[PDB]
Every structure is written in C-alpha cells, then in structure tokens.
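This file shows Lanosterol 14-alpha demethylase complexed with posaconazole.
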Amino acid sequence: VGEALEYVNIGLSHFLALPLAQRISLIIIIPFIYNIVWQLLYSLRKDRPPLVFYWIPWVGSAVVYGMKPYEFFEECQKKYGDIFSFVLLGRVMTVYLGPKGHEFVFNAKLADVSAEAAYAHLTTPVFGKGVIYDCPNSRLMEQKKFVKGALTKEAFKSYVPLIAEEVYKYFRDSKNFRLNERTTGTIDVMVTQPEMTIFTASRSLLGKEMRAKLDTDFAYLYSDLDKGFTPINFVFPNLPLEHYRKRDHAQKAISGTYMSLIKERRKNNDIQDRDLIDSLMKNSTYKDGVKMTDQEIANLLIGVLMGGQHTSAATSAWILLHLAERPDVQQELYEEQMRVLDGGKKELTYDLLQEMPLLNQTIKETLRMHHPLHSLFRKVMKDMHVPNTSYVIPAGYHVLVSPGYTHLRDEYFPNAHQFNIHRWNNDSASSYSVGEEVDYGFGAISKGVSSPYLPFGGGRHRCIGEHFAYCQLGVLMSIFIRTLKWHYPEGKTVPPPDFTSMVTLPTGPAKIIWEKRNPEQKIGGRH
Ligand SMILES: CC[C@@H]([C@H](C)O)n1ncn(-c2ccc(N3CCN(c4ccc(OC[C@@H]5CO[C@@](Cn6cncn6)(c6ccc(F)cc6F)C5)cc4)CC3)cc2)c1=O
Ligand code: HEM
Ligand SMILES: CCCCCCCCCCCCO[C@@H]1O[C@H](CO)[C@@H](O[C@H]2O[C@H](CO)[C@@H](O)[C@H](O)[C@H]2O)[C@H](O)[C@H]1O
C-alpha cells in the first residue's frame, strides 16, 4: 500500500521525463479521453437533460450548430425530445424547443437568468459603455421605455413621408437604380437593402442632420462600425488587430457626432419632437433620479440603430427574394395598393398602411420563414428546475430559446416551408397578446409567451422595434410594389440562409432583376 504510493511518485517522476513528442501527445490524448469518459458518466445523471455527444473538447457541436442550427435542432429533438444540451466553444447550451421553451426562457425569473451576461461581449464593444447590456437589467428596462417614447403612432405618422422620400431618393440617385435613366437593371439585395435601411432609419430616427452625414465620407465610419457587429465578438471581442481599431475608432467618431448634435441642441434650446435624439434629450432620467450622460444617449442611439439595421435589412432582402419568384403575390399586392391608395392618387400615410393587410401579411410571413435571430441566449444564474421533469439546469449553463425553429414546424404552421401570406388572412397584425398582460418597465406586453409565432420574443427582453420595423418595411415595400416588378435571373431561386452571420441573412450574392412598371415615370427633386 505504502509501496504503491512510492510508485505513484516514481511514475509522476517518469511522466515529467517523457520526450516532448510524447508530453505534447499526452497533452492532447489525455483531455480527449477524459472528455469521452466524462460524457459517458454525465449521461448517467437523471437530473440533467441529454447532452449531445461531441469529439473535440471545448469546441463541441459549434460547427454543425453554426452551419444549420434548425437541422441540428431537429435531429436532437428526434433523439432526445424538446430539452437537451450541447457544448459550444466552451459553454454548455441547454436548448428548450417549442412553446414550452419560449415559456421557460422568455418568462424565466430575473433572478434565474441573465441576458446581459450572455450578450454584453457581443454588443458593448460596438455600441459603447453604459447602455443595453453594459448595465443592470432595470437600466435596460428604462432605456427601452425612453426609446419607446419616440415610437408612438404620432411619431409613425410623421416618419412615413420621411421614409417614403428616402426610398424615392434612393430609386432616383443610387447606382443600383437610377429610375430616371434606366427602366430595368440587376441588383444585389444585400447591397441595396442595407443602404435603404440605413438611409430611412437615419432620416426618421436620428434626424435630418445625421442623415445628411451619410452623404459624406463620414459614411465610411458607419461601415467600419457595422463590420464590428459580428458573432466573432462572442469569442474575440478585443484583438490587437486593425478590424478592432477601425470599429473602436468608428464608435468614438460616431458617438462623438451624436454628442456634438445633442450639445448643440441643448446650447440653443433647440429641443423639439423631431426624432429619437430630441426624445432622449427630453426623457432620459431613470427612476432613481440619475440622468443618462450624453455619451450613454449616443451609445443607446448606436445600439438601437444597429440592431434595427441588421434585423430590418435582412427582412426586406428576404421579402424581395420571396416575391421575385412569386409574380402572383406581387400582382395581389399591387391591386391592394391601387384600391387602398385610390389608384395612386392618395399619398401613403401611417393610417393607410394599416389598411393594407396583404402587405403586412407578407412581412409577417417573411418573418415567420426568416426569423433574423435563430437563437436567443441567457446565462443561468441560479439552478433551475425544468417543470414536469427530473432536470435541473445549473448555474453557469446557458439556456437557448429558438422561436424561429417553431416557425418552421408543420405542427404549428401547416406546410411550413411554403411561403404563403394567406395563412395570415384576418390575422395581419405584427403580433398581439392572446390575453393577459404585464409591464416590466417599458409598457404592458403579453404575459404568456407560449405563442408558436414569436418574431419579437417576449417577456422582459421583448423587442420594442416591432412597429417601427413594420412602418419602415411597410413604406418601403409599398413603394417597391407600386414602382417596380422584379424576378430572378434565369435558373436562380431563393437562397438558403447564412446562419453564421449576425442575422440569418441570405447567402449571397442574391440578385434580382427589376423593371419599371411605368418606364416613363420620373422622380422629381434635384440630383
Ligand atoms: C468556429 C467554426 C465556424 C464554422 C464556420 O462553422 N462556426 N461555428 C459556429 N459558428 C457560429 C455559430 C453560431 C452563430 N451565431 C449564433 C448567435 N447569433 C446571435 C446573433 C445576435 C444576437 O443578438 C443578441 C441581442 C438580442 O437583441 C439584439 C439584436 N436585436 C434585436 N432586435 C434588433 N436587434 C439587440 C437588442 C437591442 C439593441 F439595442 C441592439 C441589439 F443588437 C442583440 C444573439 C445571437 C449569431 C449567429 C455564429 C457562428 C461559426 O461561425
Ligand atoms: C424585423 C425586425 C425585428 C425583429 C424580428 C426583432 C426581434 C427581436 C427579438 C427576438 C428580441 C429579443 C431578444 C432576446 O430576448 O434575447 C428583440 C429585442 C430588442 N429589439 Fe428587436 N427586432 C426587430 C427590429 C428592431 C428594431 C427596428 C429596433 C429599434 C428601432 C429593435 C430594438 C430592440 C430592442 C431595444 C430590444 C430589447 C433588448 C432586450 O431587452 O434585451 N428591434 N428584438
Ligand atoms: C375641434 C377639432 C380640433 C382638432 C384638433 C386636432 C389636434 C391634433 C393634435 C396632434 C397631436 C400630435 O402631436 C405630437 O406629435 C409628435 C410626433 O412628431 C409627438 O412626438 C413623439 O414622437 C417624436 C418623434 O420621434 C418624439 O421626438 C417625441 O418625444 C414623441 O413624444 C408628440 O408627442 C405629439 O404631441
């Protein structure tokens, strides 16, 4: 026995004396073996969801999850049911699929899970300090209340002619169109739609000055910041490379530009109700009396604009891509436009937009088939018991909810991979609570989150951009439809999504051919 412990020490001594070829080998062999041995032992636990088996330690199932997460989820669901875990670049992700998973994650108690712990490294290096996920949840709650204050029906009534003007200016001036000189052409929708999205969102949310900045070489800083918004930040939020230096420079340069305008407005008492900058200047005091700083206001503007940027641009790209092979839908949308707008002799308004159910259904169905965020995360902060099961999700795990997966299940949407706006006949609203409501600090929202359709999430982290997105996408598509027909180049079809980008944007290049419905039509104004 004691003789055995001497040979332990002797063996530790011969271990250290191995050739570095074998020391390195054992430094790879041993973690690999322990990994398999640990999973086998882990698979015995009754109080843990099944864990997806994986060969490479730390890396885990990262590759297949990034490649095709919904296909990854469907196979895991067939072997294990609706709750299962997998490891992901160092973390254990516990997936809860379906409406009860929406309920488990979106309505989790604030003490149990943390969104800022999952997201802060993704967003803080892009947006700046102090806001969104670089702050306590109750600060986020009031930030959402401040922003929502500029997102009112009356705000939407004035945004509509502004967004319309921007769309027409883009048809007139952009290289991709020039409708006054060309009656047909080919565009890449991942080129045109990010540009149309930033032009229209700038003009309406940021205001006339910040929109004017985009006609200068200042627009290059927006490109730099936009490039810093990448899921690489989940792993490498700060690397001493040039990518990160352009991003950081841009955040300072852009937030400096907003602080410049904010300070000029306050210095001149020029604070109105024009844009979200005005609104946050008048309404950014937290409930404990602390005011947001001009730096925090500008970082919140960056965040709101940048999140809205990627979700909205991806969605209008998909709308265009689904309609390019559906000339029947384009025709039906065109007729609705002629009826609602008296043949075009009525100007588009926010209220008339609400009388365009097929247009809004087309947005709604695109968001069904293309949730821009396939996976939403929380870090588990206290152990969580999974109701009706033996499972306990321990602190340090992550929970993963995926309403976009349920969007594509035939159980809840018959023929789920068919694009059919008519599945929403009589139900064209962007969403609506099926019953009771609750207020986390930014307005009463649906208490239950068991709806199989959840493009905007639910609970305390629920989107507040839904009506701005519909207003923006609504004006934009109304004008596209009334102005152009479009179709695919020959043999091309809807592309598959890129599930490794920030949003589930289409795999490019994704080109459509447009044509003027009225070749002789000319867009006025000066260029
Ligand atoms: C390593 C080998 C490699 C090979 C090649 O496979 N590989 N292997 C694996 N993968 C891989 C695997 C998975 C992924 N990602 C999964 C995670 N996704 C993701 C994206 C965004 C997320 O957003 C978090 C918040 C929520 O709200 C937002 C956004 N927002 C809401 N409304 C408007 N904006 C928000 C809110 C408020 C604001 F004010 C602002 C905001 F922005 C931000 C959360 C999750 C990205 C894709 C990527 C790659 C690989 O590439
Ligand atoms: C197609 C358009 C959009 C979709 C599908 C969408 C989706 C979502 C989802 C699913 C969440 C919840 C994330 C989570 O629970 O982890 C969210 C949150 C949020 N979104 Fe959007 N969004 C869209 C557009 C916008 C726009 C246009 C804005 C701003 C103008 C915006 C601002 C926000 C904010 C401020 C939050 C709250 C983040 C939090 O509380 O953690 N979104 N959105
Ligand atoms: C006897 C018949 C007489 C008929 C009288 C008719 C009165 C009509 C009154 C219209 C009310 C709209 O008036 C005003 O609209 C603006 C929108 O630009 C709103 O402004 C709102 O959106 C803007 C733009 O994001 C934000 O900067 C602002 O913080 C927000 O509150 C005002 O909060 C609202 O007060």
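Each residue takes its place number in the sequence, starting with 1. In what follows, every heavy atom counts, from backbone to side chain, and hydrogens, waters and symmetry copies are set aside. Looks like X-ray crystallography, 2.2 Å, at least that's what the header says. Note that ligands are numbered from 1 as they come in the structure, with each ligand's atoms numbered from 1 the same way.
Every copy of posaconazole considered, the relevant parts of the structure are ligand 1. Contact atoms of posaconazole toward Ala62: 8 (N), 9 (C) (distance under 4.0 Å to a heavy atom of the residue). Proximity to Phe127 (heavy-atom distance under 4.0 Å) selects the following atoms of posaconazole: 40 (C), 42 (F). Distances below 4.0 Å separate heavy atoms of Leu122 from the following atoms of posaconazole: 21 (C), 22 (C), 23 (O), 24 (C).
With a 4.0 Å heavy-atom cut-off, posaconazole is reached by no atom of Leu376. Scanning all protein heavy atoms for the shortest distance to atom 41 (C) of posaconazole gives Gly307 CA, 3.9 Å. Residues touching posaconazole within 4.0 Å, heavy atoms only: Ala62, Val63, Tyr65, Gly66, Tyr119, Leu122, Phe127, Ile132, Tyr133, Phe229, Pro231, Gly303, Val304, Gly307, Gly308, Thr311, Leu373, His374, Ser375, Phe377, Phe499, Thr500, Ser501, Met502.
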